[PDB]
Amino acid sequence: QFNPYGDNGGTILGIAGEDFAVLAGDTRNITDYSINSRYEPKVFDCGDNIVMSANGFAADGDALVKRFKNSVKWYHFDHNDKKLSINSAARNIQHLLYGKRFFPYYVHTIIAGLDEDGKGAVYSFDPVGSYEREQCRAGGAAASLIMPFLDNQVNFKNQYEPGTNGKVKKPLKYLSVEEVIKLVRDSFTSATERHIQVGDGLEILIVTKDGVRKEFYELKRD
Amino acid sequence: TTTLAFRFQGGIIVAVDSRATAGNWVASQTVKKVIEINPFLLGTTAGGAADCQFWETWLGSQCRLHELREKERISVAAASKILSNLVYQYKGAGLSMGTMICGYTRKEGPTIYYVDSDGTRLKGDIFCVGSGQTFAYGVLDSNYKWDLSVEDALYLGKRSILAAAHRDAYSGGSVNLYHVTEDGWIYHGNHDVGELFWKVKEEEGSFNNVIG
Amino acid sequence: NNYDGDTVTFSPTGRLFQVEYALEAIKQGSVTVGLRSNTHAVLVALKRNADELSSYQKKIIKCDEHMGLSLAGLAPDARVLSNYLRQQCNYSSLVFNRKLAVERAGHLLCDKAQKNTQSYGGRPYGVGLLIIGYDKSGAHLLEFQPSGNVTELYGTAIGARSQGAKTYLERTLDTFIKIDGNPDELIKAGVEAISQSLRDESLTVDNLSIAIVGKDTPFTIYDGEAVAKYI
Amino acid sequence: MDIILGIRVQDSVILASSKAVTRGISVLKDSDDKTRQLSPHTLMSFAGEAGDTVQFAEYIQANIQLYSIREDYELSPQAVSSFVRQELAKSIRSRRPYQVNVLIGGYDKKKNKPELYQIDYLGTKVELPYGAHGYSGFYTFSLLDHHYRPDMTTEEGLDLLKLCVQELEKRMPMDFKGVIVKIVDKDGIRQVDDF
Amino acid sequence: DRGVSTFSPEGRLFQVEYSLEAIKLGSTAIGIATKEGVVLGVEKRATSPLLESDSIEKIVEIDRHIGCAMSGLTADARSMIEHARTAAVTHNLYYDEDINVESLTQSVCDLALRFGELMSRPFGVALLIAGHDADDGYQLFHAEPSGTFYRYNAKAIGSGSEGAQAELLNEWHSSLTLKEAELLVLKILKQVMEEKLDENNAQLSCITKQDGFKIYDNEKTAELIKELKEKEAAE
Amino acid sequence: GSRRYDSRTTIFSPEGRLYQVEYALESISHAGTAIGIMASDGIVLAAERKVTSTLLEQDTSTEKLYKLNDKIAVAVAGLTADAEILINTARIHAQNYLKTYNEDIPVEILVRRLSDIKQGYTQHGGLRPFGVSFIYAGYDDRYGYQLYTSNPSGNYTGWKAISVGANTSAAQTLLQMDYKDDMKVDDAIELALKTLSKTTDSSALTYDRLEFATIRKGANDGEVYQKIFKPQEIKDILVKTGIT
Amino acid sequence: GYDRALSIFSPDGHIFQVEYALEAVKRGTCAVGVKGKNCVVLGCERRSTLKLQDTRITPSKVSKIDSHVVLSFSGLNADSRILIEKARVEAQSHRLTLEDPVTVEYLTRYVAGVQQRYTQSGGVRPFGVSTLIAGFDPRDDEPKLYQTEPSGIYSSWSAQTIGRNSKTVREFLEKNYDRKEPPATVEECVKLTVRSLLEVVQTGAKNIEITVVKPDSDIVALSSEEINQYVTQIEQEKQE
Amino acid sequence: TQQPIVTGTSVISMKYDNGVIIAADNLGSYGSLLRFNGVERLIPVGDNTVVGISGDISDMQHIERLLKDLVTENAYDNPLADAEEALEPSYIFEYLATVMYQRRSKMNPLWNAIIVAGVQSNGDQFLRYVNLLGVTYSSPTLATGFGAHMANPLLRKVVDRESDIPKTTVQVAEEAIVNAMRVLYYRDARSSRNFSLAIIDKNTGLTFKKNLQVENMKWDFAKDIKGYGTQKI
Ligand SMILES: *[B]([O])([O])[C]([C][C]([C])[C])[N]C(=O)[C]([C]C1=[C][C]=[C][C]=[C]1)[N]C(=O)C1=[C]N=[C][C]=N1
Ligand SMILES: [Mg+2]
Ligand SMILES: [Mg+2]
Ligand SMILES: [Mg+2]
């Protein structure tokens with residue numbers, strides 16, 4: 001019997017800052033126990049200061065990104081070159097995903113950018129289009145490894161202040177872009193160690209009011 | 001998921017948990033399981049996240065079109081039936097939805113309709129829906145009266161979700177409270193279970209089984 | 001006379017009157033100019049208003065990052081045809097990862113307009129288009145007529161009093177073609193060309209509409225105070 | 001849903017239908033009315049798969065009400081039962097059949113006779129002095145075979161119905177939360193509020 | 001006979017030009033756009049005194065931020081309004097935002113030329129579409145059965161249009177207040193109307209950013225009519 | 001294109017009349033006269049065959065009176081071929097109703113259905129209307145004995161006594177004169193034949209130029225019998241009433 | 001399919017097919033609608049050219065759309081049946097989905113929308129029918145009376161007439177009907193409706209039909225004798 | 001949905017400093033039967049692209065006809081068909097990728113794995129993979145089937161990352177490809193000795209080599225191998 005789905009591995013990570021947002025993803029692409037590519041870009045600049053990644057089955061992932069990029073283009077044509085806001089992009093993506101509710105895009109989608117108040121924004125989707133704005137989200141194969149670490153080190157979960165002993169929580173101080181990139185790099189290094197589908201390279205897209213910047217880092221190739 | 005809604009003297013109380021899971025994996029603790037359809041209509045979500053959220057968001061569009069065409073707000077009966085008739089068309093296709101449509105109108109008063117993906121549509125005073133519904137029913141049925149104060153009714157709803165959040169593995173995160181009156185719904189905050197449990201345990205003297 | 005009731009009828013001299021009547025709608029439309037060099041291609045359009053309270057009807061439409069057109073005649077027909085071009089440009093990009101050639105874009109418009117001139121029930125398009133673009137073979141300018149005839153040109157003009165601008169470009173042919181790597185001077189030549197078609201009225205800030213595409217220049221439209229520089 | 005009963009006596013038809021609605025391990029409601037008035041002298045009770053039951057009942061209701069307005073005339077119970085049967089017979093060979101069993105209790109004003117029709121989801125119609133759908137008949141038919149007489153009064157019919165419900169409450173595993181009883185006679189349809 | 005989509009020798013569609021003549025016979029509708037809001041006003045024109053005038057609905061809500069006034073064969077407007085409302089709500093569903101007034105107008109105008117031998121003829125009604133969005137602010141559009149739409153600072157359509165438009169030419173300026181616009185619509189309506197203007201045979205409405213689209217009560221309009229009479233008698 | 005040759009069969013005149021309906025009625029006015037008379041104990045249907053021949057096989061012929069079911073019959077005035085199309089549709093409709101409700105179709109419901117079909121041809125489709133007028137004679141347990149008529153417009157009305165086809169003006173005046181409410185079938189038979197005998201364009205009214213039928217409760221106990229008269233039976237009733 | 005555009009504009013901006021449909025309404029028998037304080041009455045003319053009619057079975061002029069709404073008309077009889085059938089279907093459909101019977105305005109808007117659709121659809125002619133739709137909204141005691149016409153425009157009326165010689169009866173109603181104080185009772189409303197028809201009808205025998213609609217689905221048609229009593233009382237007062 | 005009948009095995013490829021190399025054997029297998037010994041599985045498109053196809057041969061021949069038709073269609077009303085508006089490797093690939101993903105979405109796939117190798121207008125090396133699922137990826141070395149498991153490891157020792165491409169000559173690259181083809185003949189039970197090789201260079205253009213054979217094989221050591229453990233004779 002023909003199986004229309006496959007698993008290309010990989011892992012992605014979005015973190016929303018106070019006036020910035022990052023969307024990271026490893027550059028490894030796999031099937032079963034083989035490496036297809038050590039550098040296959042997975043996070044994309046879709047225009048209007050929005051970055052996107054659809055992790056899981058790469059064919060569906062590419063198809064969805066391609067269709068969303070198309071949606072941005074036609075949004076400009078139909079509405080006098082108006083900038084597509086991150087919240088509007090998120091709702092549009094829900095309809096793209098739910099449109100194939102009974103033959104789903106087998107992907108975990110994350111977009112990142114800035115909201116209309118200039119604050120950092122990350123939105124996260126399931127395969128059939130349910131979405132939610134979040135301060136923090138990891139997606140893909142090693143999501144189960146990375147998310148708990150982010151609950152702890154980004155939202156200070158289960159952390160309290162010394163001397164008080166469980167009475168006073170650790171205050172939720174904001175994180176700079178330099179501080180976030182450190183957490184992203186450590187997240188992927190840790191994931192690479194214990195997950196076989198994660199490695200080769202890490203590509204981070206940083207979104208600010210100035211635009212979209214890129215950073216690349218080497219990961220273990222075994 | 002644990003969601004409830006009940007009619008009483010001061011209108012309707014709606015209370016939901018916040019957890020979403022994929023198998024044993026906790027996918028989210030911050031899910032909004034109450035949907036603000038309009039200033040007077042609320043919908044609860046249980047089952048498939050996308051199904052509930054797509055079609056209840058869609059329901060709001062149909063309700064808005066009704067009041068544009070008819071120059072009059074839609075009844076809770078009509079709003080609930082739009083959703084039940086819609087899911088009935090899809091019956092067998094595999095939609096997974098358990099919802100309450102809660103609202104107030106002049107002609108109806110406070111009204112709750114249970115609507116689900118099998119096509120079942122039921123009007124009632126009390127409903128609990130989701131994997132932790134039985135746990136919520138225990139607290140609700142033993143403490144429910146028509147003559148409850150808004151303050152006491154809210155606490156009962158909050159406490160019933162807490163009970164289910166504790167015992168049901170697929171419920172938890174936090175409690176969202178709503179209070180629906182003659183003049184519309186009123187949000188009453190997000191209540192983290194991690195803080196609410198210990199607060200209730202100490203003040204109420206309950207959960208003596210657990211050590212704190 | 002007896003042979004102008006529909007598009008499916010030749011006259012005794014072999015003419016299609018409904019097509020000719022559609023051509024007449026273009027002559028009633030406001031003037032628009034097109035011209036190009038080797039590096040850039042420019043559209044200049046005189047926008048028309050209903051009255052002093054009204055806005056000035058938009059004349060230029062973007063089809064892709066590297067292609068767009070200006071219209072003269074029935075604006076809704078230009079919307080239908082420009083929408084078709086957008087789709088065809090988009091099909092080329094999605095399926096072949098290939099920017100649509102301006103020459104091929106003209107061929108597609110020709111064939112679409114033709115079907116409306118040979119079939120019963122329908123009608124010819126009532127608009128003329130000037131398509132500019134920059135593709136793998138450099139800058140291009142096309143003139144579309146709703147008869148189906150599409151023509152590649154160095155420069156041209158369509159609409160009311162368009163003969164004046166067309167004569168100017170015919171004299172200036174050797175000069176403006178050489179304006180390479182200088183967008184402002186190419187626009188100047190286009191603004192000076194459209195000025196030959198003006199009577200009574202002159203080019204004001206909300207009257208003029210300019211568009212440009214080139215080597216390292218995406219198709220962009222200039223309106224309002226952005227064209228005050230060229231007045 | 002679960003239990004629906006019917007009994008035709010001298011001058012009326014009595015329908016009894018359970019109040020429980022159960023999904024999984026929870027009784028969501030204990031006051032559900034599993035019936036629709038099709039016309040002033042015709043009542044239909046129903047039981048089957050969730051959603052299908054109400055959808056079918058209301059669809060039939062709308063069609064009979066439409067007929068009533070168009071002709072300014074009430075169809076006979078026999079005519080209504082035949083219409084319902086055809087819809088179910090049509091349904092059973094559809095893409096997704098109506099999974100609904102019904103009892104139709106009506107009083108024919110022309111013949112001055114009560115009439116009870118039992119129709120299952122396949123479109124199997126029978127006219128009966130007493131009827132039931134599901135596992136109800138496995139208990140109630142033996143009692144009715146013994147006690148039923150054709151000249152019973154409405155009050156005697158209700159007493160015989162109480163004996164059926166008592167037996168069901170004793171021997172059936174499911175708690176169906178009692179029954180709503182409705183009487184159909186020459187004066188129309190009314191509900192027995194205490195049972 | 002002749003085709004429905006036939007061009008005249010002058011290069012105009014016969015049917016479109018004929019529908020414009022039907023619109024000239026219609027009751028007057030006036031719109032004025034300001035920085036404080038857009039005002040829409042109409043002549044009701046009841047054919048008989050027994051006709052309950054409040055049932056005459058020539059001003060209509062499309063969304064909270066978009067209103068609409070009509071003139072001509074008003075029955076034809078119903079499917080246009082239904083499409084507008086659906087387009088507005090559908091865009092909110094797809095994009096979680098309000099739809100631009102221009103985009104809404106464009107969607108309505110796309111129906112216009114969908115006629116041939118689709119519907120059998122063009123619409124016999126013109127629309128004044130007024131609204132507000134965050135990008136282009138307060139806007140007023142005139143949607144015709146030709147498929148063309150012009151933006152206007154002020155516009156009159158219907159039987160007394162050219163007379164009203166000439167009056168709007170002189171009166172309109174960029175610093176008009178909402179109150180000044182309300183009175184100006186009432187003034188010009190009173191001028192072109194056959195019967196004497198009152199709260200029962202004329203209707204006002206407006207669209208503001210804060211309160212959205214609102215049809216004025218007959219009690220509210222009556223005061224503005226009384227305020228108008230006094231200020232005209234003042235000089 | 002094709003528009004050039006379209007007659008436009010479904011349009012109004014400036015006066016607000018349907019051209020084709022009016023012209024179809026003009027056609028029907030030249031057809032053989034058909035008369036229906038309703039009595040307390042039954043209904044009579046009488047009709048005149050148009051200028052026949054001696055070589056026409058009468059006993060197997062049927063151009064006027066048709067059976068729709070056991071309870072309902074019709075008299076035809078107009079194009080016979082058009083009528084048979086509608087008659088077969090009506091027969092099917094009656095059977096559809098019987099299958100659905102397990103009861104014989106009420107007369108008016110059958111009449112309304114056929115009348116709606118005729119109406120459709122006047123409003124949409126661009127086809128010519130049916131050049132037919134019917135007299136419906138039928139019985140049901142709601143209204144008892146009923147007479148209706150329908151015409152190409154699709155409009156139908158109920159009658160105590162009515163004529164269609166040729167000389168209806170003269171025929172209706174004669175019926176209006178001699179008809180009474182307490183009338184019986186045997187009397188109605190006589191009235192029908194006498195009316196035809198005076199309005200006929202022929203020199204004399206004979207058995208070979210007639211079709212005749214009755215719908216009687218004159219059947220053994222509470223039931224209804226349709227009687228399509230045979231040539232010899234028409235000859236006998238003509239002698240009985242004193243016309244020949 | 002037959003797609004010919006029958007309803008089209010003319011040089012002077014008129015749709016003649018819609019206007020000729022109004023002429024068919026002008027030919028139709030007169031129909032009148034009058035609403036009182038707590039009732040609405042629908043009067044209808046029956047032309048007495050047709051005797052030997054069976055009044056039991058002949059299609060009545062006033063048709064129930066639902067238990068609380070009625071519809072009368074002037075114009076082509078065959079056309080009216082199509083509108084009535086659609087209206088009846090829509091009434092049941094509304095009850096099924098909204099779980100509430102139609103308002104009189106909603107039903108009118110639907111019927112009017114059907115009529116409009118037939119003025120710009122290919123291969124169809126407009127309905128040669130104008131309707132009077134009357135009744136009471138669910139759980140409401142305010143009387144409702146609406147009118148529709150072939151073009152598809154509709155509106156509410158305190159009192160209105162349509163059909164042949166409607167100009168005359170409208171003249172009567174305009175001077176006799178007072179808005180500040182409408183017919184307070186059923187008697188007063190019926191009397192005014194019969195009076196208005198007597199300006200046009202000819203004989204007051206079987207030529208006048210009256211139907212009274214009251215709140216909470218209370219609809220009844222008056223008999224010949226009941227109407228004849230109104231006819232008798234009106235003329236006896238007139239002899240003065 | 002179907003099953004592949006007549007099948008082709010590995011297609012292998014890599015980038016080098018001035019272009020790309022691609023290779024595939026000439027076998028058309030019918031299950032375990034080595035049925036057809038003269039099947040060309042490298043199909044050139046113009047003078048700048050070679051499409052290597054593995055998997056179902058009936059679907060390969062269909063794809064071959066699509067590409068042939070693509071060239072014909074591109075020439076229509078195109079004066080620059082042999083110049084600026086000629087078919088690029090990127091155009092050819094994207095077309096195939098669109099078809100492959102469309103066909104898998106209708107649950108009726110072209111049962112193939114495809115590698116498009118070529119050189120673009122600007123001289124850039126093009127090498128990208130697509131298969132029956134519509135999955136696509138690019139890498140300095142690409143291989144299908146058994147080649148993925150055995151050829152890639154060998155080819156990646158030559159070009160391990162992007163920066164190794166300019167350091168790799170055509171002689172070194174071809175040597176690595178030919179060695180990989182030998183290894184596949186040792187170890188793939190559905191391979192043949194005969195193969196085709198294609199080089200697309202930005203300077204010297206398209207070089208298509210037919211009727212190549214695996215040579216310099218090591219088999220002599222087999223004589224010393226006796227029994228399966230204890231046997232001495
Ligand atoms: B609740 O448990 O029903 C919950 C409500 C929903 C609105 C989030 N549903 C889920 O958690 C479901 C799984 C499920 C668990 C228990 C009973 C029924 C269903 N999960 C999802 O819908 C989901 C959504 N996104 C990611 C992962 N899982
Ligand atoms: Mg390894
Ligand atoms: Mg619905
Ligand atoms: Mg059975």
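The chains referred to below are lettered A, B, ... by the order of the sequence lines, with proteins before strands, and numbering in each begins at 1. The deposited model was determined using X-ray crystallography, 2.3 Å. Heads up: this isn't the whole entry, just a piece of it, and contacts are only counted within that piece. Every number for a ligand or one of its atoms is a count from 1 in the order of the listing.
The compound at ligand 1 is the drug or drug candidate bortezomib (bound form).
Bound to bortezomib (bound form) with the largest number of contacts is the chain that UniProt calls Proteasome subunit beta type-5. Other chains within heavy-atom reach of bortezomib (bound form), distance under 4.0 Å: A, B. Among B:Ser28, B:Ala49, A:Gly129, the residue whose heavy atom lies closest to atom 22 (O) of bortezomib (bound form) is B:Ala49. Checked against a 3.5 angstrom limit, the closest N/O atoms of B:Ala20 and bortezomib (bound form) fall outside it.
Shortest heavy-atom distance from bortezomib (bound form) to a UniProt active-site residue of chain B, with the residue named, rounded to 1 Å: B:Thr1, 1 Å. The entry models a covalent bond from bortezomib (bound form) to B:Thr1 OG1. Bortezomib (bound form) has no N or O atom lying under 3.5 Å from any N or O atom of B:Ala27, backbone or side chain. For bortezomib (bound form), none of its N or O atoms has an N or O atom of B:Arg19 under 3.5 Å away. Every atom of bortezomib (bound form) with a heavy atom of B:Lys33 under 4.0 Å away is listed here by number and element: 1 (B), 4 (C), 5 (C).
The organism reported in the entry as the source of chain B is Saccharomyces cerevisiae.
The overlap between the UniProt bortezomib-binding residues of chain B and the residues with a heavy atom under 4.0 Å from bortezomib (bound form) is B:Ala49. The name recorded in the entry for chain A is Proteasome subunit beta type-6. The site surrounding bortezomib (bound form), defined by heavy atoms under 4.0 Å, contains A:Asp126, B:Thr1, B:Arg19, B:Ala20, B:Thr21, B:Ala27, B:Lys33, B:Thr45, B:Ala46, B:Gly47, B:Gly48, B:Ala49, B:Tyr170.
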